[PDB]
K.L.:
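Here is nivolumab bound to Programmed cell death protein 1.
Note on naming: letters A, B, ... go to the chains in the order of the sequence lines (proteins, then strands), and numbering restarts at 1 for each one. Recorded method for this deposit: X-ray crystallography, 3.3 Å. No hydrogens, no waters, no symmetry mates; every other heavy atom, side chains included, goes into these values.
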Amino acid sequence: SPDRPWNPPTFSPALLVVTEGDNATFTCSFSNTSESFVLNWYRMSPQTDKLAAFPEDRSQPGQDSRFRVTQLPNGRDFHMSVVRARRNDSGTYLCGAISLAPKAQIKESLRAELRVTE
Amino acid sequence: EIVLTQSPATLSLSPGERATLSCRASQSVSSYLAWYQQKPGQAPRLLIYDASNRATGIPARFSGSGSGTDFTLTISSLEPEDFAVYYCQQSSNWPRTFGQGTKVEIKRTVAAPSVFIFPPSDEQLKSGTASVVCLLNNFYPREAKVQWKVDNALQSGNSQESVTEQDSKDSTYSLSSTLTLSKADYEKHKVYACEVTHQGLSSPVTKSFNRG
Amino acid sequence: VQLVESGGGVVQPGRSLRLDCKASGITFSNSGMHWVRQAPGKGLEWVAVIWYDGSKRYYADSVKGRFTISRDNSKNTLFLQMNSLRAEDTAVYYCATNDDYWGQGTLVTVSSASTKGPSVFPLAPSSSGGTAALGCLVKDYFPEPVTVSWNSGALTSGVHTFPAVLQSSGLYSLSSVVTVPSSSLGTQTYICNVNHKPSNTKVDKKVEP
């Protein structure tokens with residue numbers, strides 16, 4: 001550990017169940033004053049898939065979106081939200097923090113599950 | 001210390017061509033290998049760390065592979081910007097060890113050199129020393145041999161070469177070998193010849209002159 | 001968002017010297033730091049590392065007992081103490097964080113040679129392929145670099161200035177050559193322009209066949 005211990009973010013809830021077509025939301029509370037970190041939203045598969053992130057990535061085309069990440073006023077907790085949830089949106093979700101150095105180092109939270117009924 | 005060998009020494013390509021560079025370890029670093037980029041007169045630039053992970057703000061065409069002992073950096077569509085020297089590095093243990101580096105060279109048509117020989121400056125003698133310069137202008141590739149031959153006789157252990165960096169437009173090199181002899185020994189011989197060999201030369205050409 | 005280094009240049013053998021690297025617009029205090037040198041014309045060589053707090057530090061075998069690496073996290077300055085310097089220690093020393101932020105690099109030249117002005121000798125041309133080649137030979141000077149122009153930057157086409165090579169005397173020497181049309185020799189006068197700023201030397205040589 002030359003650099004310095006940097007403790008990972010968190011997720012909630014462990015199991016979130018929303019009806020289909022409805023809106024689901026997870027809360028990631030991550031705090032670091034030092035340096036520059038970017039938050040990322042993920043869902044896995046039989047294997048990272050990047051859904052949203054904050055600051056909001058505008059780099060790739062594809063206009064609107066379902067998945068979005070936004071910081072809450074207290075400036076610690078963040079809102080991870082899928083809107084208009086399908087049936088196949090179910091799966092293992094998670095969040096992670098990422099630094100801005102070229103050799104950037106990433107740490108992820110403890111994965112949570114989402115369920116879509118109906 | 002771990003010995004990282006990079007292959008090849010030089011790589012001659014053009015914009016758009018694939019680039020694959022290899023690194024071999026005296027031991028195993030697992031995935032702790034990194035790859036850096038360096039242009040002349042600059043600082044090293046990280047490209048790929050942990051053999052897969054790409055550095056931030058680094059173009060997608062850049063990539064890496066390999067694990068344990070052998071690893072490969074790759075550039076899919078090469079770009080004129082990408083012509084530089086590439087070193088790898090292991091973070092496995094201490095001391096961190098780099099490689100000798102691979103040089104990615106601009107590939108052009110094969111042009112033979114122009115051989116020029118300069119007798120010692122008349123004034124340089126007024127000092128008590130003599131320098132003979134054999135100039136080679138505008139050729140490719142870089143591979144060149146220069147044998148100094150005084151009066152049919154052998155010689156070596158004397159000379160030092162120099163080669164300019166690759167020409168911007170032309171894409172060719174230039175080499176100048178100097179021969180510095182005591183003003184005395186210089187005067188006690190007759191002919192000073194420069195024998196050169198290049199992959200563009202149909203037969204090795206030799207430039208020379210006489211003291212008179 | 002930088003790392004600025006300091007404390008470089010020329011020093012005689014056995015005499016010490018100390019580098020300073022001051023990071024900015026980052027968090028220095030929490031990143032780890034490295035030292036990497038490179039001999040001129042040769043590849044990079046790792047030198048030393050210090051953990052962010054200073055709990056541990058590792059060196060290169062080549063620098064053990066001689067060099068010392070430390071950091072003052074207050075001033076956000078990395079320090080490198082280089083003692084018992086040998087001519088082989090000539091290199092450019094970069095500081096880099098473990099997350100790979102690198103600086104400009106600082107130049108340290110170790111030599112026992114005094115600062116001397118260059119001698120400038122003409123290289124007489126031709127006898128070529130339709131063009132004539134005439135150089136000028138800049139010898140036995142120190143230290144580098146030396147700016148060369150041809151006819152005060154009024155002739156650039158065919159100008160080739162070779163990298164100076166260090167020679168057994170501990171003094172650098174180089175050759176600057178220019179290619180011109182044969183028939184032009186004598187309608188157009190050729191004058192070489194040598195500058196060595198540290199030695200404060202400016203010389204103009206008139207090259208004629």
K.L.:
Which components of the model belong to nivolumab?
P.N.:
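At chains B and C.
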K.L.:
Per the deposit, which organism is listed for chain A?
P.N.:
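The deposit lists Homo sapiens.
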K.L.:
Could you tell me which chain of nivolumab racks up the most heavy-atom pairs with chain A under 4.5 Å?
P.N.:
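On heavy-atom pairs, the top chain is chain C.
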K.L.:
Which residues of chain A does the epitope of nivolumab include, heavy atoms under 4.5 Å?
P.N.:
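Using non-hydrogen atoms, the epitope of nivolumab is A/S1, A/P2, A/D3, A/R4, A/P5, A/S34, A/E35, A/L100, A/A101, A/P102, A/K103, A/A104, A/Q105.
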K.L.:
What is the paratope of nivolumab towards chain A if a heavy-atom contact means less than 4.5 Å?
P.N.:
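By non-hydrogen atoms, the paratope is B/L46, B/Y49, B/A55, B/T56, C/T27, C/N30, C/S31, C/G32, C/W51, C/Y52, C/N98, C/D99, C/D100, C/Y101.
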